[PDB]
A.B. asks: 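Looking at a model with oseltamivir carboxylate; I have a few questions.
Chain letters: A, B, ..., in sequence-line order. The PDB entry numbering applies to chain A: residues 82-468, in that order. Here chain B follows the PDB entry, giving residues 82-468 in order. Residue numbering in chain C adheres to the PDB entry, whereby the residues present occupy positions 82-468 in order. What you see of chain D is 82-468, where the numbers are those given in the PDB entry. Read the numbers this way: they start at 1 and go in the same order the structure lists the ligands and their atoms.
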Protein chains: 4
Amino acid sequence: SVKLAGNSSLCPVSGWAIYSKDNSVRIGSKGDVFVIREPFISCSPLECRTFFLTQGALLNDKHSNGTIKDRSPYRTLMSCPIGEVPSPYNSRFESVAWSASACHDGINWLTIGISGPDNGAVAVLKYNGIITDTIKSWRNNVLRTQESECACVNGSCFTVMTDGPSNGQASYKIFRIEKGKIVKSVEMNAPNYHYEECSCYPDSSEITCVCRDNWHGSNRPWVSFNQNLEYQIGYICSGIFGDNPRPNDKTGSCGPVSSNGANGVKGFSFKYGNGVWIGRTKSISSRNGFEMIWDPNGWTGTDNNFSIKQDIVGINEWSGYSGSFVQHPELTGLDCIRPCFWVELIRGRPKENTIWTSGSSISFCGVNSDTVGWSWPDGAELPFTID
Amino acid sequence: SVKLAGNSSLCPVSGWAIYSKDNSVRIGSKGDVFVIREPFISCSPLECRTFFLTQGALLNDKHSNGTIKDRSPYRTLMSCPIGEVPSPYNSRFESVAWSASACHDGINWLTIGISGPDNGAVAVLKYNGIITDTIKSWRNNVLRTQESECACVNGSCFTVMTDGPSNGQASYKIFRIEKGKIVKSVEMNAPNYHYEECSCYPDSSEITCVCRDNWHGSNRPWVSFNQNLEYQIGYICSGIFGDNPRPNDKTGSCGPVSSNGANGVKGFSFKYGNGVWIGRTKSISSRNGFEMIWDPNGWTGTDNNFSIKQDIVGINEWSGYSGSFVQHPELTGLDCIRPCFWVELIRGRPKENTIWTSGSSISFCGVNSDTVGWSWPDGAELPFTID
Amino acid sequence: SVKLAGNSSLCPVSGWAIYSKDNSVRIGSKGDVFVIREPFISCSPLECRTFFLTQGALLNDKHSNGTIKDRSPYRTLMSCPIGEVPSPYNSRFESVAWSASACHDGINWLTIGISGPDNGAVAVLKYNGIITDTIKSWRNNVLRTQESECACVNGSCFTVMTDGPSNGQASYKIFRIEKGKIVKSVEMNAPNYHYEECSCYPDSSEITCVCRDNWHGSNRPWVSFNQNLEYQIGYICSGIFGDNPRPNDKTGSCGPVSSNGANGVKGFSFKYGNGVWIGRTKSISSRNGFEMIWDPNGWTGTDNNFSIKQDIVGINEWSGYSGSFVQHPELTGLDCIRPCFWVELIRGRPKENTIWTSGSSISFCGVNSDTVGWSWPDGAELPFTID
Amino acid sequence: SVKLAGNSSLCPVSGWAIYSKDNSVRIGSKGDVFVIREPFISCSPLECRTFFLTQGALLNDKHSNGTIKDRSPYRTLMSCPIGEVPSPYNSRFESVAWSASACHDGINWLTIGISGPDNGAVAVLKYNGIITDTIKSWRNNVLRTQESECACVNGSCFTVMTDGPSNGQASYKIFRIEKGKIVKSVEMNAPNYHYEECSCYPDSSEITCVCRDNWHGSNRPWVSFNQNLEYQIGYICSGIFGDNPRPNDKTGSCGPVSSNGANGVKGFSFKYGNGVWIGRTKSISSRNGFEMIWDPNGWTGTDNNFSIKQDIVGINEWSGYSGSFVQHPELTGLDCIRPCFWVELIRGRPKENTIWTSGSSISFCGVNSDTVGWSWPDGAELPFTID
Ligand SMILES: *[C@@H]1O[C@H](CO)[C@@H](O[C@@H]2O[C@H](CO)[C@@H](O[C@@H]3O[C@H](CO)[C@@H](O)[C@H](O[C@H]4O[C@H](CO)[C@@H](O)[C@H](O)[C@@H]4O)[C@@H]3O)[C@H](O)[C@H]2NC(C)=O)[C@H](O)[C@H]1NC(C)=O
Ligand SMILES: *[C@@H]1O[C@H](CO)[C@@H](O[C@@H]2O[C@H](CO)[C@@H](O[C@@H]3O[C@H](CO)[C@@H](O)[C@H](O[C@H]4O[C@H](CO)[C@@H](O)[C@H](O)[C@@H]4O)[C@@H]3O)[C@H](O)[C@H]2NC(C)=O)[C@H](O)[C@H]1NC(C)=O
Ligand SMILES: *[C@@H]1O[C@H](CO)[C@@H](O[C@@H]2O[C@H](CO)[C@@H](O)[C@H](O)[C@H]2NC(C)=O)[C@H](O)[C@H]1NC(C)=O
Ligand SMILES: *[C@@H]1O[C@H](CO)[C@@H](O[C@@H]2O[C@H](CO)[C@@H](O)[C@H](O)[C@H]2NC(C)=O)[C@H](O)[C@H]1NC(C)=O
Ligand SMILES: *[C@@H]1O[C@H](CO)[C@@H](O[C@@H]2O[C@H](CO)[C@@H](O)[C@H](O)[C@H]2NC(C)=O)[C@H](O)[C@H]1NC(C)=O
Ligand SMILES: *[C@@H]1O[C@H](CO)[C@@H](O[C@@H]2O[C@H](CO)[C@@H](O)[C@H](O)[C@H]2NC(C)=O)[C@H](O)[C@H]1NC(C)=O
Ligand SMILES: CCC(CC)O[C@@H]1C=C(C(=O)O)C[C@H](N)[C@H]1NC(C)=O
Ligand SMILES: CCC(CC)O[C@@H]1C=C(C(=O)O)C[C@H](N)[C@H]1NC(C)=O
Ligand SMILES: CCC(CC)O[C@@H]1C=C(C(=O)O)C[C@H](N)[C@H]1NC(C)=O
Ligand SMILES: CCC(CC)O[C@@H]1C=C(C(=O)O)C[C@H](N)[C@H]1NC(C)=O
Ligand SMILES: *[C@@H]1O[C@H](CO)[C@@H](O)[C@H](O)[C@H]1NC(C)=O
Ligand SMILES: *[C@@H]1O[C@H](CO)[C@@H](O)[C@H](O)[C@H]1NC(C)=O
Ligand SMILES: *[C@@H]1O[C@H](CO)[C@@H](O)[C@H](O)[C@H]1NC(C)=O
Ligand SMILES: *[C@@H]1O[C@H](CO)[C@@H](O)[C@H](O)[C@H]1NC(C)=O
Ligand SMILES: *[C@@H]1O[C@H](CO)[C@@H](O)[C@H](O)[C@H]1NC(C)=O
Ligand SMILES: *[C@@H]1O[C@H](CO)[C@@H](O)[C@H](O)[C@H]1NC(C)=O
Ligand SMILES: [Ca+2]
Ligand SMILES: [Ca+2]
Ligand SMILES: [Ca+2]
Ligand SMILES: [Ca+2]
Ligand SMILES: [Ca+2]
Ligand SMILES: [Ca+2]
Ligand SMILES: [Ca+2]
Ligand SMILES: [Ca+2]
Ligand SMILES: [Ca+2]
């Protein structure tokens, strides 16, 4: 085993090739599939895994009742191989958690699982399944983290956590973790910014995170930093607005776009100089559809012009959260860090007339070979028997 | 790990010994078994696996409705150990796919999964589960492939894909793939031929494929080629016609036999000089029954005489697709490439009054020791509870 | 890996310590557990496995209907770790089979699976899952074999097969198999003997088999042989009669005991000079109960006196088949071959009012430390929902 | 593989970080989950496992009827990875048992499973799954053991067993076991003490056990000993009484506290010089709630003062047994033996109106970093469909 270097650049990509689809909700109509939300993908040097927050319940069973609820003592972070349904019969137990992150440094898995009360939650860090550190809420108001993979460079892994209001100014911290132990942290000085649910990836030995402003931004905030946690902050400038909800596309801002700014959805983007690959919902108002857009000046420029759009999920179909994941050269044999992404396809409450909420997933990897747009939706027929 | 050499000849065989039977449909009446079609077997130097195209659904569940439909965004290529039922609890996720192939080069698995819209489908190639290439539709008319194993010689693996009409002239391409990357391709110049769903195997460092003419041939077309993709084409000459439907046996042709030539079924045959081992249905008109026939001059000669017939599935029982698979010396310890075959046993629509279509499988390997004919049919009692 | 020597003597034992219990039928009331009969245990240098003949159906499903029937094209030889229920989700596929044997030579598993028609059945031999030989019926009347483990000494494994009537004189052959290939066979010259379903074990480089006389013997026949297949034959002389059905105990015979001789049950015994450890049902008329009896002169002496009885299953509870299995020094670290046994606990038809027949199992290993009698029955409550 | 040294001291700990939660009962409402009680955790140098006593039945099936009953021939010791539900599809079979212990010496697992009749029960010892010893009841009155992990130092593992009344003086024995063989034992001379269900851990090459007085003590008895089995005995002195039932806290005793002393619950404590970490129920009278208390003089001092309390399960929620488990340096990389604990959350009879009794579990590990109190209860909604 060798630590992931993390020192190559992100691979340039022209489009997105489909990588996985689990069909979890369709399969759970009969099979024994966990009720889950907040899935994400992360890879080791040998395999990729889907992590997810269970609700300690199975689909089509009465204990799925009320699973719109975000935080409970029953939620657990578990993982299974990519593309398989999350069952009790194929899932590794990771941590007790209602908010999470995970990443592999080339040697072992780091998992971060937050549980406990809203006023005093505690993140439990594990390295190779052994508890190695904890960090407690510093603002006493729902300590919470990425819901996607952390990022690793040369034996150090990095994450972001938030504590404070989800509808006003909060507090945001960056962490450097080695072998599951926090070795450095800093509080971001980000007045008038809001960071939730960061999608962070490594690129040329530095970390870039694209997040969710739940307070007053319909474009996405970003934070980038080096191994010593020297950081920069901004908002994606493109008028191709990335959040949901959002306005119709128009001239953007390099600060928070107030129009339709409150609320949000976890997402991601990939920076390539001045340009950006944006994944977003197709609907401006609801978690419906998904598309990939290449805007060659959208990181730093405010116009609403773009060059390429690739369809992923059709506008009338359910989508949900999305997040980055990477494939390092140690896994692929390539000379660059490959960007990939996943989409959560949320079924049930609040939009559908069920007792439960759960998701399935799809994922894609960036290539420079030919690709095509389509719709790969969840495909379950609701309601279910239990509803 | 060492590349398969693929340089020995096919083992001579006098009969077919039963190797596996999964009983999937029987077991799926209660257990959590995928709705599948287009199964196939392929081996590594250590094990054999069943690959298959799921429908993103389980047997005896409502989401199995409409599974006569061939292409959807829910279909996935997955695999499980040979002889086990395909379940979410024992199946490896391979690719998102409504047409597929796979093969092991001695080092890692190559999978090929085609998804996307009919007018612009994309094959995603993976090597050890990592995307290594893509190829897009070149005729914009259902890019499609073998539905059985590709063939590997000395670190290069080979497949055939078709694009264009299934009821007229189409376009057929041969590919050479190394570590999941396309390194050579050629378009077969085959006016008046039709190639679908090729069953391809290695034999003395060259590849032989026996395929399905869906346009106007009731005998099977073949294509053989070396590593440089220098190819030859023809049709199996025997009057023991190989396709389904077909006429009653009579004097054959080394070109397409027009009588009952439209439509077809995936199949295979094994060439031994002038001779041929033909696997075919027992019914001339329907996907019923299965048998193996040794015709010692049937590759190159048009008579309707043969020497051996071995019963596999009775004429009153449902059959389906069939395909070759091989066991190389690196797996068996033999001095020759062993020929084997599988049969898909299709249940449900259109022949039976169900909401769904699914298959089970049986397989056999060639031996020079004593064998026997019998019928090993699917055995499920239809309809099911869901119907 | 090293071949099992097989040259030590059987360990002397004073009693039987409980080793496993699977509770398969109780668990299959809800879970996905195969309908099985003819289970047996066999060990490698690293683990022990339960082998069994499925009916290609699950408990409590309609396809379990009619499973009193012995031979069908749906039956398969599968295996799982000892003590686990046989499910599609934990079982390795071995062979298509309605009669079987298996054993590990220290390097790889040999499996023998007989399928095909009653008049022409064929045993398929596999070594490490690859077909290595076949043998066809020589009398055209249900070729059949042990339904328990074969026996291995120094790289050679040994079995017995029968072909011919189960109610009159038949033909019995001994086989020596190396790396899955038959290298020698002999027909036993056993006029007036009847051998079915032999339980064979190694002891000081020679094989001893204790079998079932279905024709006219209520004591058990035996055959012992060396590596060159030089054999001896006899019947267990004890008046503690071993078969079921049988008479009440009384003076025995060193030939077949005619009283209640027709029919039978598979069983076993362990020879220790003139003495014998006999496992038998408690009922003289039905497959009910089970007990272990130490008769210090019962191999060669005809009295009905014995020294020790250990209860295993109570007289009012269902039992079934039983068989030997051993644990070699390569597995245990001991200086002798440890004797063990299993019992099949048959539920359903013919004795119970169900549509199905299936079994669970228990097993024990011989020790020289303290032990105790009890009853470890199946414990399912019949009928089931499907009945 | 190397023997665990067991020569470092217990790690000092300021609080308890949540490690696992299985949600078994919730999941078993639909999935195939064993009815279990008497779970426990134990670790190797590579992983931690949950061991448990099944009832040979699944939740929400008829065979779960009557599972308030403690001892039957259907109960089996099995194990699964920590945090996963105990299912037939993920559980290793260990032993036939209605009382058990297990522990890993660094090389292989030792399991101890007691079965047989109440008047003559036999413990079967296995090492790497092979029977290595037995010990029979010496008082003919329910030979029984820890229901939690045994303790290993330098290749010797240690346990305690009891035989005789649970409501009066009984007989208690300590065992030293090497490679699954009993090499030493001694009968504890403990007139007027009562020891049941010991929770034993290693600490500086010696073993400390904290147990249950079911006769006449509401504080917990302890026994400590070196590798030669030279032992000391006493009761935890603290007026923070550890058993359930118990009185309200008040001045304690270093002998058995008679008030509310009959009956009990399995538990544990960790000694740190004069101090103690006590895990106990929150209710004085019922198996409800759970908490950890640090009493810095509570091992040797009788006051009812303590310094820290951490909430684990709320007073209105069901709890159950609890026990210690450790993580050795060979697993963690630490310089001390880490203390952890599990809690069984009992559902069903006698407190709830069901046909069955079963449990789920939670576990925590000791840390010197920040922690928080909460309630992590079972969460199933009873009764179930079967009731
Ligand atoms: C998922 O959770 C939902 C929400 O709890 C649940 O639906 C609810 O089911 C309950 C039980 O059927 C309903 O509660 C009843 O409502 C009626 C009508 O208002 C009341 O009269 C009932 O109270 C009487 O009966 C009780 C029991 O005898 C007495 O204790 C009480 O004093 C009254 O006499 C009772 O409250 C409730 O109306 C529904 N709610 C909705 C929106 O449907 C659903 O069943 C759960 N699903 C699963 C699978 O668990
Ligand atoms: C397991 O297998 C058993 C045995 O087959 C099966 O029980 C049988 O079920 C069938 C279907 O219910 C029964 O067959 C019927 O018997 C009646 C009474 O004799 C006949 O009148 C019926 O025939 C009429 O109806 C048919 C259908 O419309 C017509 O085709 C026919 O011409 C007649 O009009 C029919 O034969 C049979 O009686 C039982 N047998 C027993 C012993 O119960 C059982 O249901 C199977 N269980 C499972 C779970 O699969
Ligand atoms: C088939 O390919 C094998 C594997 O490469 C050939 O065997 C090798 O031959 C070369 C050149 O003569 C030797 O240097 C190697 O030592 C051989 N390797 C092994 C593992 O045997 C073989 O000659 C080829 N052809 C046939 C028909 O066997
Ligand atoms: C199988 O699928 C068909 C096609 O969707 C279902 O038919 C629909 O059923 C709904 C509910 O009754 C109606 O609103 C539509 O009129 C039907 N559509 C069509 C196109 O027929 C059918 O009900 C499904 N069958 C089962 C057994 O699930
Ligand atoms: C605990 O046991 C370890 C393991 O045996 C001891 O470390 C060994 O000490 C011996 C004798 O001094 C050396 O020869 C070995 O090289 C040591 N082995 C290892 C792996 O370190 C250690 O001294 C003991 N005690 C404590 C408190 O650590
Ligand atoms: C749970 O087990 C009890 C005890 O065996 C069952 O009670 C028996 O039920 C049968 C069928 O009604 C009767 O013949 C007996 O009179 C009952 N025996 C006793 C001792 O009560 C009970 O029915 C079972 N309950 C469930 C829900 O399965
Ligand atoms: C608590 C604020 C946070 C970010 C806005 O809300 C998230 C929004 C969610 C959402 O918008 O769907 C679901 C998340 N499970 C929830 N996170 C937690 C920890 O509860
Ligand atoms: C699309 C043409 C092609 C070959 C004739 O049709 C196949 C025939 C089928 C058939 O004859 O059963 C089923 C195959 N799933 C289908 N392939 C695809 C990709 O849809
Ligand atoms: C065919 C004769 C043979 C030995 C007497 O009958 C066996 C008896 C059986 C029995 O007595 O229960 C069940 C066996 N499954 C059957 N064997 C086969 C191959 O059918
Ligand atoms: C038999 C006495 C013993 C300790 C008091 O009872 C235990 C108490 C139990 C309890 O208090 O819940 C359940 C245990 N399963 C039981 N142990 C056995 C072996 O039956
Ligand atoms: C990246 O790190 C590797 C691994 O240590 C090192 O050898 C290489 O020089 C670095 N430089 C790059 C990618 O330019
Ligand atoms: C990677 O980390 C190691 C360990 O701290 C350090 O010695 C080395 O300089 C680092 N390499 C780079 C390229 O930063
Ligand atoms: C096999 O491929 C290797 C690597 O390309 C090549 O050098 C070698 O010549 C090939 N062997 C044969 C027998 O063609
Ligand atoms: C048994 O065989 C072993 C392994 O080859 C050999 O070394 C030994 O001498 C034999 N003799 C015995 C058990 O007496
Ligand atoms: C064991 O078999 C090997 C291979 O045939 C042989 O050379 C050896 O003599 C045999 N050993 C004994 C003790 O029979
Ligand atoms: C550990 O056990 C070994 C083997 O018995 C022994 O020789 C050694 O002295 C023991 N070590 C300690 C530290 O007691
Ligand atoms: Ca089920
Ligand atoms: Ca927003
Ligand atoms: Ca732009
Ligand atoms: Ca045709
Ligand atoms: Ca011919
Ligand atoms: Ca008889
Ligand atoms: Ca005698
Ligand atoms: Ca007490
Ligand atoms: Ca105190």
A.B. asks: Report all copies of oseltamivir carboxylate by ligand number or chain letter.
C.D. replies: ligands 7, 8, 9 and 10
A.B. asks: Tell me which chain touches oseltamivir carboxylate (ligand 8) most, using the name in the PDB entry.
C.D. replies: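 The largest share of contacts goes to neuraminidase.
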A.B. asks: Using a heavy-atom cut-off of 4.0 Å, which other chains touch oseltamivir carboxylate (ligand 8)?
C.D. replies: B
A.B. asks: Should B:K150 be listed as contacting oseltamivir carboxylate (ligand 8), given a heavy-atom distance under 4.0 Å as the test?
C.D. replies: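 No heavy atom of B:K150 comes that close to oseltamivir carboxylate (ligand 8).
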A.B. asks: Please list the nearest protein heavy atom to atom 17 (N) of oseltamivir carboxylate (ligand 8) with its residue and the distance rounded to 0.1 Å.
C.D. replies: B:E278 OE2, 4.3 Å
A.B. asks: How far is atom 18 (C) of oseltamivir carboxylate (ligand 8) from its nearest protein heavy atom, and which residue and atom name does that atom have?
C.D. replies: B:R152 NH1, 3.8 Å
A.B. asks: Does oseltamivir carboxylate (ligand 8) come near enough to B:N295 that some N or O of the ligand is less than 3.5 Å from an N or O of the residue?
C.D. replies: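 So oseltamivir carboxylate (ligand 8) has no N or O lying under 3.5 Å from an N or O of B:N295.
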A.B. asks: Any atoms of oseltamivir carboxylate (ligand 8) less than 4.0 Å from a non-hydrogen atom of B:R368? List them with their elements.
C.D. replies: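 Checking each atom against B:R368, I get 10 (C), 11 (O), 12 (O).
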A.B. asks: Oseltamivir carboxylate (ligand 8) and B:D151, any nitrogen or oxygen pair closer than 3.5 angstrom?
C.D. replies: yes
A.B. asks: Does the entry name an organism for chain B, and if so, which one?
C.D. replies: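 The PDB entry says unidentified influenza virus.
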A.B. asks: Can you tell me which portion of B:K347 lies within the under-4.0 Å heavy-atom range of oseltamivir carboxylate (ligand 8)? Options are side chain, backbone, both, or neither.
C.D. replies: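 No part of B:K347 is near oseltamivir carboxylate (ligand 8) at this cut-off.
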A.B. asks: Looking only at distances, can you tell me whether any N or O atom of B:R156, backbone or side chain, sits closer than 3.5 Å to an N or O atom of oseltamivir carboxylate (ligand 8)?
C.D. replies: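 No.
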A.B. asks: If you measure every N or O of B:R225 against every N or O of oseltamivir carboxylate (ligand 8), does any of those distances drop under 3.5 Å?
C.D. replies: no
A.B. asks: Got an N/O contact under 3.5 Å between B:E119 and oseltamivir carboxylate (ligand 8)?
C.D. replies: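 N/O-N/O distance under 3.5 Å: yes.
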A.B. asks: Which residues would you count as binding oseltamivir carboxylate (ligand 8), with heavy atoms within 4.0 Å?
C.D. replies: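 Within 4.0 Å (heavy atoms), the residues are B:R118, B:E119, B:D151, B:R152, B:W179, B:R225, B:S247, B:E277, B:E278, B:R293, B:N295, B:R368, B:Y402.
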